[PDB]
Each structure stands twice: as structure tokens, then as C-alpha cells.
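Record below includes saquinavir.
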There are 2 protein chains.
Amino acid sequence: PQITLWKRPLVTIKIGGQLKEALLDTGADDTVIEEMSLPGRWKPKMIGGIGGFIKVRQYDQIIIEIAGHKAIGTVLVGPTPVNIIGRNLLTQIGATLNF
Amino acid sequence: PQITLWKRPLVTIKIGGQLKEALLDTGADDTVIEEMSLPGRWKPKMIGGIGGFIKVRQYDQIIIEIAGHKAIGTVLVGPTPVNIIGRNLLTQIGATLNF
Ligand SMILES: CC(C)(C)NC(=O)[C@@H]1C[C@@H]2CCCC[C@@H]2CN1C[C@@H](O)[C@H](Cc1ccccc1)NC(=O)[C@H](CC(N)=O)NC(=O)c1ccc2ccccc2n1
Ligand SMILES: [Cl-]
Ligand SMILES: [Cl-]
Ligand SMILES: [Cl-]
Ligand SMILES: [Cl-]
Ligand SMILES: [Cl-]
Ligand SMILES: [Cl-]
Ligand code: NA
């Protein structure tokens, strides 16, 4: 499907067995998800945005469903006010920006 | 025109007669440009993202060119580490997300 940008590009995702809303974000290098109880090994990482950096948990090889597309990759979990799907997973599902 | 996301989606912009590089960011409501001198009336605003908030100058009705496309809209000027083209201008250049 094709998504115009008149509204935030929000989609349903599945992660750890749970349905969530997240923002398709071409301006993000990485995927960051709100604090949740996710199984898997992780390590601490700093990630940055406008306003500086936050401390997140980095989980590798996490299976995530994005608008019905499966993808496996790194997920960061931390105090974001919004779930965002970054380029590391957008590429996995074949997303592109067109105009 | 189609842009894959294996790398940051950066393009050349012209603002205030100066050339700059900016990120096309479907996750950003607003367009934010690094500190520069811009003619025009403006008002203070604070905008928020991953590490929190920054103070910006809001300029309305700025003529800007993005990847060869003309647009006129609101531009926020402030201490962002990366120039960002948000949805307010991406809709004017007819960007869509495909996947
Ligand atoms: C630009 C503004 C209008 C502030 N909007 C936003 O920030 C909204 C805020 C929303 C709510 C909080 C959760 C994030 C979403 C999406 N964003 C946009 C969103 O696209 C935002 C834009 C951006 C890009 C680069 C640098 C700064 C900011 N990207 C990001 O926040 C991602 C997060 C990540 N690490 O994956 N940052 C980066 O990918 C990134 C890249 C280069 C950097 C260089 C120096 C410092 C920081 C850097 N951060
Ligand atoms: Cl809009
Ligand atoms: Cl566990
Ligand atoms: Cl290169
Ligand atoms: Cl000033
Ligand atoms: Cl005006
Ligand atoms: Cl003109
Ligand atoms: Na041109």
C-alpha cells in the first residue's frame, strides 16, 4: 500500500505477542519501542534525537510484525513517548519513499 | 523518483539563498533547520522529540526549495543536529511512503 503524509503514518505492529501502534519514520536510523516486558538478551545503549540522547535496552534478532510484514532485527526499548519504526526495519519490509 | 532507505534519505535544499543538506523524515510533524540568519517575522516555540525539547524560532510562509521542488511553509530554526524536512513540507512535494 501507499501512505500519504497528511496524517502521522501510524500502523499496527506485533511485538512480543502484543499489538501496538507505531510511526513509520524514514528519519530514524533505528527502531525504538516504549518500555515493555520483552524477552531476550539485551545490552545498554545510548540513542540520540532532537533534545539529546536517552538510555535504551538494545535487543538483537527480535521478530516484529509491521503492517502484516514480518521482519527480524534490532529493537531498542526505552522511554520514548512514541513507538517508531526506523530504517533498520523499514528496509526489511521493502519500504521506500516515492515522489 | 524513488528513494530506498539503506542510507539516510538526504537531499539538497535551498533556504534563504543558501544550500544545505536535509533529511526527508516521515516521522517529523515539522521542518527544523539548524541555526541560521533568516529574514522574516518569527515567534518562539518549543518542539519535542527523543531526548526532550528544544527552543526554536518559528517562521511562517518561508520559500524553500527541496530536491528541486518549490514549497512555501513554516520552518523552525533552532539547535537541531540535523536539518529535517517534516510532513508539513513533504506533503507539498508529494512524497509518499510505499511498502
Ligand atoms: C524533528 C521533530 C519535529 C522534533 N520531530 C521529532 O523528533 C519526532 C518526535 C517523535 C516523538 C518522539 C519519538 C520520535 C518521534 C519521531 N520524530 C522524528 C524522527 O524522525 C527523528 C528526527 C531526527 C533525525 C535526526 C536527528 C534528530 C531528529 N529521528 C530520531 O529521533 C532518530 C531516533 C533514532 N536514533 O533512530 N535519530 C536519529 O536517527 C539521529 C541521527 C543522527 C543524529 C546525529 C546527532 C544526534 C542525534 C542524531 N539522531
Ligand atoms: Cl500536514
Ligand atoms: Cl526473559
Ligand atoms: Cl557511500
Ligand atoms: Cl534572534
Ligand atoms: Cl507571514
Ligand atoms: Cl517567489
Ligand atoms: Na533544480
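Chain IDs: alphabetical, in sequence-line order. Here chain A follows the PDB entry for its numbers: 2-100, in order, are the residues you see. Residue numbering for chain B follows the PDB entry; the residues present correspond to positions 2-100, in that order. The analysis underlying the following values was restricted to heavy atoms, covering all of them including side chains, and did not include hydrogens, waters or symmetry mates. Indexing begins at 1, ligand by ligand and atom by atom, following the structure's order.
All instances of saquinavir together account for ligand 1.
Going by contact count, the macromolecule most engaged with saquinavir is what the PDB entry calls Protease. Other chains within a heavy-atom distance below 4.0 Å of saquinavir are, by letter, A, B.
For the ligand labelled saquinavir, residue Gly87(A) lies outside the 4.0 Å heavy-atom shell.
Among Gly79(B), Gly53(B), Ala29(A), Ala29(B), the residue whose heavy atom lies nearest to atom 2 (C) of saquinavir is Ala29(B). Distance cut-off 4.0 Å; other ligands and ions near saquinavir: none.
Note on saquinavir: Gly52(A) sits outside its first shell, no heavy atom being nearer than 4.0 Å.
For atom 31 (O) of saquinavir, the nearest non-hydrogen atom of the protein is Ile51(B) CG1, 3.5 Å. Residue, atom and distance of the protein heavy atom nearest to atom 9 (C) of saquinavir are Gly50(B) CA, 3.6 Å. In terms of protein heavy-atom proximity, atom 12 (C) of saquinavir is nearest to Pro82(A) CG, 3.5 Å. The nearest heavy-atom contact from the protein to atom 19 (C) of saquinavir is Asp26(A) OD2, 3.0 Å.
Not one N or O of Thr81(B) is nearer than 3.5 Å to an N or O of saquinavir, by distance alone. Evaluated by nearest non-hydrogen atom to atom 14 (C) of saquinavir, the leading choice among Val83(A), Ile85(A), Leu25(A) is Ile85(A). At under 3.5 Å, a nitrogen or oxygen of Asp30(A), whether backbone or side chain, sits near a nitrogen or oxygen of saquinavir.
Contact annotation: for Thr27(B) versus saquinavir, there are no heavy atoms closer than 4.0 Å. Looking at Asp31(A) next to saquinavir, an N or O pair under 3.5 Å apart turns up.
For saquinavir, the polar-atom distance check finds an N/O of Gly49(A) within less than 3.5 Å of one of the ligand's N/O atoms.
Of the protein's non-hydrogen atoms, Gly28(A) O, 3.4 Å is the one closest to atom 24 (C) of saquinavir. By chain and number, the binding site of saquinavir at a non-hydrogen cut-off of 4.0 Å is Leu24(A), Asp26(A), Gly28(A), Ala29(A), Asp30(A), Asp31(A), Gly49(A), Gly50(A), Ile51(A), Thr81(A), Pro82(A), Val83(A), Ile85(A), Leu24(B), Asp26(B), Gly28(B), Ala29(B), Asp31(B), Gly49(B), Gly50(B), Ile51(B), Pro82(B), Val83(B), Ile85(B).
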